[PDB]
Amino acid sequence: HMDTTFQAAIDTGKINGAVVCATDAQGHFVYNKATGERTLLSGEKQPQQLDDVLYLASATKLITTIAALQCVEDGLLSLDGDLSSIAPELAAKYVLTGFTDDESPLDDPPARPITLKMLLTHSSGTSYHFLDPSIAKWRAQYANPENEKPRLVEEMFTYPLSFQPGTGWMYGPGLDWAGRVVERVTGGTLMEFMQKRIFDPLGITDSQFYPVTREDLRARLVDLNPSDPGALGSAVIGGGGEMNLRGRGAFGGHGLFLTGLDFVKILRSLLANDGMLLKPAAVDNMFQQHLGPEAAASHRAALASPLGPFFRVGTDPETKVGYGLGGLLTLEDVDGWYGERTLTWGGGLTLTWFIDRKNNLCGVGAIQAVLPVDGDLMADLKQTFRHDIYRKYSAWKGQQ
Ligand SMILES: CCC(C)(C)C(=O)O[C@H]1C[C@@H](C)C=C2C=C[C@H](C)[C@H](CC[C@@H](O)C[C@@H](O)CC(=O)O)[C@H]21
């Protein structure tokens with residue numbers, strides 16, 4: 001019901017198209033479908049194609065997550081090691097506990113060092129100011145940078161922690177920090193490392209961080225169009241895109257551009273656990289709960305909060321979930337849908353992905369929306385993909 005649902009959304013003028021790529025571990029069941037049209041900077045229309053270059057936005061986080069785990073395999077990092085030396089900017093952050101009534105900020109020194117595992121699972125304390133009201137309040141009083149100067153990761157994310165390292169959960173720049181950590185410990189750019197360790201083994205050559213400079217890629221950017229002459233990804237994140245315009249260097253949190261076909265090669269290598277990217281036991285460890293007791297309780301409070309629908313990535317409020325290395329982790333079966341220990345996340349409001357090892361299925365579904373982005377419609381469209389792909393998978397299994 002992707003077919004009729006997506007077409008209805010095209011007819012209303014709220015999306016231009018969609019790219020969907022799903023596969024089992026061996027490529028027996030494969031479903032690839034490009035729907036709709038893209039618009040070129042010239043205004044001319046072209047059918048959506050499976051090798052259109054998409055803005056991944058926070059789907060970047062999974063890829064940065066793999067890159068960090070590869071440095072762990074190399075012995076350049078450990079999951080639980082002290083990062084204070086490699087990233088002193090993180091060690092220097094204090095923990096904001098709240099405000100007095102005259103609205104002055106209470107902070108405390110950090111009780112422990114920040115580790116890679118905390119960065120990868122959003123339990124370090126680094127929080128997006130637009131999601132954490134306490135951090136939103138601090139940003140505004142200790143304001144303002146209308147500097148507009150292009151900022152590196154460490155010049156962009158200068159706020160205190162939202163909670164003692166390891167003891168909470170809040171979505172934030174942990175993978176931008178992890179990406180910077182990967183650059184520092186390898187002595188090269190994040191693009192260089194990923195090209196060599198992730199894209200080359202999979203035969204991927206059509207990928208770049210913001211800003212996209214390559215002419216061949218720019219000619220295939222969905223997001224280079226009259227509504228987005230900057231190729232900022234506005235349609236994917238729903239207004240802006242502010243962080244991209246203001247950054248300098250690679251942002252492992254949200255910066256990558258990639259085709260759906262190339263993104264699913266990465267998903268499938270994890271699903272099949274074929275050693276192309278990581279040793280099997282390291283992949284297995286991604287699909288485990290890595291929040292401790294306090295952090296798990298914080299996670300569940302955020303999932304029950306008004307932001308919870310975003311944080312639940314379409315999963316039901318009755319489904320117990322944790323956070324793995326790479327995204328949300330289901331902790332029980334939903335019969336007919338995600339098996340237990342499905343890893344899932346997404347990008348902006350328009351893109352979502354899952355890796356269901358128990359049921360042997362992975363996929364990405366990426367709506368190409370029309371500004372202004374109808375957020376409630378995106379949620380529905382993503383949900384249609386997440387469930388219709390299981391329907392298609394069952395029908396195929398039944399036909400064998
Ligand atoms: C730039 C953030 C990034 C990774 C692109 C992103 O897509 O995370 C997604 C993935 C999804 C699973 C869960 C999410 C959790 C909360 C949000 C609604 C977030 C989307 C935020 C984005 O819509 C607005 C930001 O761009 C704010 C800004 O413009 O600075 C959203």
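Index from 1, following the sequence. Just so you know, ligand 1 is whichever comes first in the structure, and atom 1 is the first atom listed for that ligand. No hydrogens, no waters, no symmetry mates; every other heavy atom, side chains included, goes into these values.
- This structure shows the largest set of contacts to ligand 1 coming from the chain the PDB entry labels Pc15g00720 protein.
- Considering simvastatin acid, batimastat, namodenoson, the drug or drug candidate at ligand 1 is simvastatin acid.
- Within the structure, the closest approach of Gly347 to simvastatin acid falls below 4.0 Å when heavy atoms are considered.
- Inside a 4.0 Å radius of atom 2 (C) of simvastatin acid there is not any protein heavy atom.
- Checking UniProt active-site residues of chain A against simvastatin acid, the nearest one by heavy atoms (to 1 Å) is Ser58, 2 Å.
- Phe130 CZ, 3.8 Å is the protein heavy atom nearest to atom 25 (C) of simvastatin acid.
- For atom 29 (O) of simvastatin acid, the nearest protein heavy atom (residue, atom name, distance) is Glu242 OE1, 2.5 Å.
- Each of the atoms 4 (C) of simvastatin acid lies under 4.0 Å from some heavy atom of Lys61.
- From the protein, the heavy atom lying nearest to atom 19 (C) of simvastatin acid is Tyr171 CE2, 4.2 Å.
- The protein non-hydrogen atom at the shortest distance from atom 7 (O) of simvastatin acid is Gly348 N, 2.1 Å.
- Nearest non-hydrogen protein atom to atom 26 (O) of simvastatin acid is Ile237 CB, 3.8 Å.
- In terms of protein heavy-atom proximity, atom 13 (C) of simvastatin acid is nearest to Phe310 O, 3.8 Å.
- With hydrogens left out, the protein atom closest to atom 4 (C) of simvastatin acid is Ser58 CB, 2.0 Å, a heavy atom.
- Lab note: binding site of simvastatin acid, heavy atoms under 4.0 Å, is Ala57, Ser58, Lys61, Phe130, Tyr171, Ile237, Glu242, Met243, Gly253, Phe310, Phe311, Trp345, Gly346, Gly347, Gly348.
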